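Here chain A follows the PDB entry for its numbers: 833-1132, in order, are the residues you see. This deposition comes from X-ray crystallography, 1.7 Å. Start at 1 and go down the list; that is how both ligands and their atoms are numbered. Excluded from the calculations below are hydrogen atoms, water molecules and symmetry mates; all remaining heavy atoms, backbone and side chain alike, are included.
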Amino acid sequence: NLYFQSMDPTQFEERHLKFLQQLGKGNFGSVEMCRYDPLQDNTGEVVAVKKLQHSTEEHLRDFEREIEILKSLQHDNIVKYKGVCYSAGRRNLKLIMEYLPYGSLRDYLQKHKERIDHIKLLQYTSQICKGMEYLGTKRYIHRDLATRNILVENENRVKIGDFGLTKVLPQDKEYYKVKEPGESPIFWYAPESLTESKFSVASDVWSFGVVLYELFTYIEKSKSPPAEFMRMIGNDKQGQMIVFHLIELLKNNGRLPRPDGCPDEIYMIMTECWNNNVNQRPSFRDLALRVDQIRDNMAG
Ligand SMILES: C1=C/COCc2cc(ccc2OCCN2CCCC2)Nc2nccc(n2)-c2cccc(c2)COC/1
């Protein structure tokens, strides 16, 4: 009550945060490119700024928790927290991050196939696994691992980018049971997430298997996880019927296909991630090591 939580409201002052570009709007809210130019000389660092789309009390509270999560993370493969801007005369909240120029990995794979080969895909895979190892040391569950939430700094570096659904494990449990679900990315969910709302490191590993599938489909039209699962369940189905059939499909070993051109050994990693037995899924540490050994065993 007495001494309010530490925060630096002078680090990013709204009057010096200059708009450069709207980058995207979505479930995550809205993200812009800005320049922070305190010496009003048309210079300063370029930053990414996350804002809410609908500024309800619940969303602001969720946003505060998301900011605290990101601030607590420092890793080469996690987007870098810089600070907060308390704009509207310190009656609003905006998240300030480093700016990563190539956007989401989902878009990058579609827009920049000219500079992507299997070596790069394996490098991105490795980096995502290492980011996720680090999250696990904090007992954070990402819950939304998907190429749309991974950001691209350059041809050699990706970072896990959005933490809007991330949960902190209870002290005594290895899973978080989400008891207020919003919009759910069901085609990335593990079966126990679909059927019991249970999220864990192992359910992030399931989602990572889907990420790995995404990478090797090169975000080809008709090959996205939603498109493939809908083709398998029946494109005609609507509403809850989709979820019912997805669960039944996954519970009896229905899986996304091997992407065209995907090596069998990479598909084997996917299918090991997609184990209905939670305890039998590999760890992110297992996965980083295996992928880097595959990379390292190539000639050169
Ligand atoms: C990305 C979603 C769409 O790409 C936006 C996008 C994003 C970036 C660069 C280009 C770009 O779209 C360049 C192409 N845009 C498409 C429409 C106009 C520009 N860079 C960036 N850098 C740091 C943090 C975030 N985004 C960030 C942090 C939290 C949440 C998000 C981003 C939103 O989810 C991840």
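Drug identified at ligand 1: pacritinib. Looking only at contacts, the largest set of contacts to pacritinib comes from what the PDB entry names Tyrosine-protein kinase JAK2.
When the heavy-atom distances from atom 23 (C) of pacritinib to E930, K882, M929 are ranked, the shortest goes to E930.
For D994, the closest heavy-atom approach to pacritinib falls below 4.0 Å. The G935 neighbourhood of pacritinib comprises atoms 6 (C), 7 (C), 8 (C), 9 (C), 10 (C), 11 (C), with distances under 4.0 Å to a heavy atom of that residue. At a 4.0 Å cut-off, not a single heavy atom of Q853 sits close enough to pacritinib to count as contact.
Under 4.0 Å from pacritinib, not a single heavy atom of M865 appears. Interface atoms of pacritinib facing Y931, defined by a heavy-atom separation under 4.0 Å, are 8 (C), 9 (C), 10 (C), 20 (N), 22 (N).
Of all atoms in pacritinib, listed by their number and element, those nearer than 4.0 Å to a heavy atom of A880 are 22 (N), 23 (C), 24 (C).
Residue nearest to atom 18 (C) of pacritinib, selected from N859, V863, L855, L983: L855 (by heavy-atom distance).
The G993 neighbourhood of pacritinib comprises atoms 28 (C), 29 (C), with distances under 4.0 Å to a heavy atom of that residue. Less than 4.0 angstrom separates some heavy atom of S936 from each of these atoms of pacritinib: 1 (C). Shown in contact with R980 at under 4.0 Å from a heavy atom are these atoms of pacritinib, numbered in order with element: 35 (C). The source organism of chain A, per the PDB record, is Homo sapiens.
By chain and number, the binding site of pacritinib at a non-hydrogen cut-off of 4.0 Å is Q854, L855, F860, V863, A880, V911, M929, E930, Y931, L932, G935, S936, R980, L983, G993, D994.
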